[PDB]
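The following structure holds ampicillin (open form).
When a residue number appears, it is its place in the shown sequence, counting from 1. When a ligand or atom number is given, it counts from 1 through the structure's own listing order. This deposition comes from X-ray crystallography, 1.8 Å.
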Amino acid sequence: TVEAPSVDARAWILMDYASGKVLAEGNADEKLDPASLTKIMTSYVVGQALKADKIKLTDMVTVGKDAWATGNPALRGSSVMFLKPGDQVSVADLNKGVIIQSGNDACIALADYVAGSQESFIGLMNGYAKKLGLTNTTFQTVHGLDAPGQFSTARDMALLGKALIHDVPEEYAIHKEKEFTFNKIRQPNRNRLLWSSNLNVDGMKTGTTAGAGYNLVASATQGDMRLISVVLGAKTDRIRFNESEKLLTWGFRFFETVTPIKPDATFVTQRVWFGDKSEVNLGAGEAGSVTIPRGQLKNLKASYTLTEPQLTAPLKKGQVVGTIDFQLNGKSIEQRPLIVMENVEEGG
Ligand SMILES: *C(=O)[C@@H](NC(=O)[C@H](N)c1ccccc1)[C@@H]1N[C@@H](C(=O)O)C(C)(C)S1
């Protein structure tokens, strides 16, 4: 119980990447229009298309009139690559335009290429939003132009950040790039913390919300540890960055993340009744990391209970059959599902 810092913003969250532990939070479930932070999910979707080899970096995309000054009034004086209809631009360039420059026209040109239309692309964004448990998130645009019925929260942004990092790492990697050059002009990354001396920050996106102020979703690493911070509705650009750096620095200073039960590791083996095998391996799967105050590892204790007195087949990989309890000094700090690590079908 280290005292959480004061944060000079509307809402915030600080989350450990490996354990999911929420180290600090304020109004983290309050709904706000995510505006430019939407492009985190745009990039998630494009990243999935690339990872699935449905599109390739080298593919040449034809820019449509929906991607233009003239032919889309909604792009009017937003951040833009200055694409024109009939332009041919690589997926790689449009991708960097979304990620590094946050260009709204690039989002549209990519969305059309990936999904056929903005509308079908927004469908994919919301599909993933549901899949990732972003329970307070709905996207209504491919570019995050403020829009009716478009909402997210600090919590959901940190979960989405975590997913981008974990699920499409090649796409995440582009978020630390300080510049890229298109049409022979350098376009800088607006994430000032990429230049921070005091932290290794490698992502991920800035924005504003009408009526709330300046936002940042950031992530940083220090040794084995990665933290994700979200700061929403800071009053100034300076505060937006500073309060983020404060939270990240605080997390690494006072906490450590350890993984007592590795993924794939067997925590305990239990007899099974009526199965094709007489025993089954149980473990934590991906949920075996915990974040604790520094110096506490020596006092960390892992134990288990089973929900039923005896396991009976069939058992499936991932099935929950009890709870793993982590205790610090006799006191329980974390519980996780005890899961089946291997299939055991019914005998016979
Ligand atoms: C995303 O949220 C963007 N914000 C806007 O497009 C706003 N409509 C806007 C705010 C202030 C001035 C002009 C437009 C991008 N995020 C901003 C930021 O992080 O400060 C931006 C100005 C770089 S554009």
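- Most-contacted chain for ampicillin (open form, ligand 1) in this structure, per the PDB entry: D-alanyl-D-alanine carboxypeptidase dacC.
- Note: an N/O pair closer than 3.5 Å links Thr208 and ampicillin (open form, ligand 1) by distance alone.
- Shortest heavy-atom distance from ampicillin (open form, ligand 1) to a UniProt active-site residue of chain A, with the residue named, rounded to 1 Å: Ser36, 1 Å.
- With a heavy-atom cut-off of 4.0 Å, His143 does not touch ampicillin (open form, ligand 1) at all.
- The entry names the source of chain A as Escherichia coli.
- Interface of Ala35 with ampicillin (open form, ligand 1), defined as ligand atoms under 4.0 Å from a residue heavy atom, comprises 2 (O).
- Among protein heavy atoms, the minimum distance from atom 21 (C) of ampicillin (open form, ligand 1) is reached at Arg190 NE, 4.6 Å.
- Close contacts between ampicillin (open form, ligand 1) and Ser36 involve ligand atoms 1 (C), 2 (O), 3 (C), 4 (N), 15 (C), 16 (N) [criterion: under 4.0 Å to a heavy atom].
- Of the N or O atoms in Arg240, one or more lie within a sub-3.5 Å distance of an N or O in ampicillin (open form, ligand 1).
- In this entry, the covalent bond from ampicillin (open form, ligand 1) runs to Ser36 OG.
- Considering backbone and side-chain atoms alike, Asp146 places every N or O at 3.5 Å or more from each N or O of ampicillin (open form, ligand 1).
- Residues touching ampicillin (open form, ligand 1) within 4.0 Å, heavy atoms only: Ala35, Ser36, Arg190, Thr206, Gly207, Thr208, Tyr214, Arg240.
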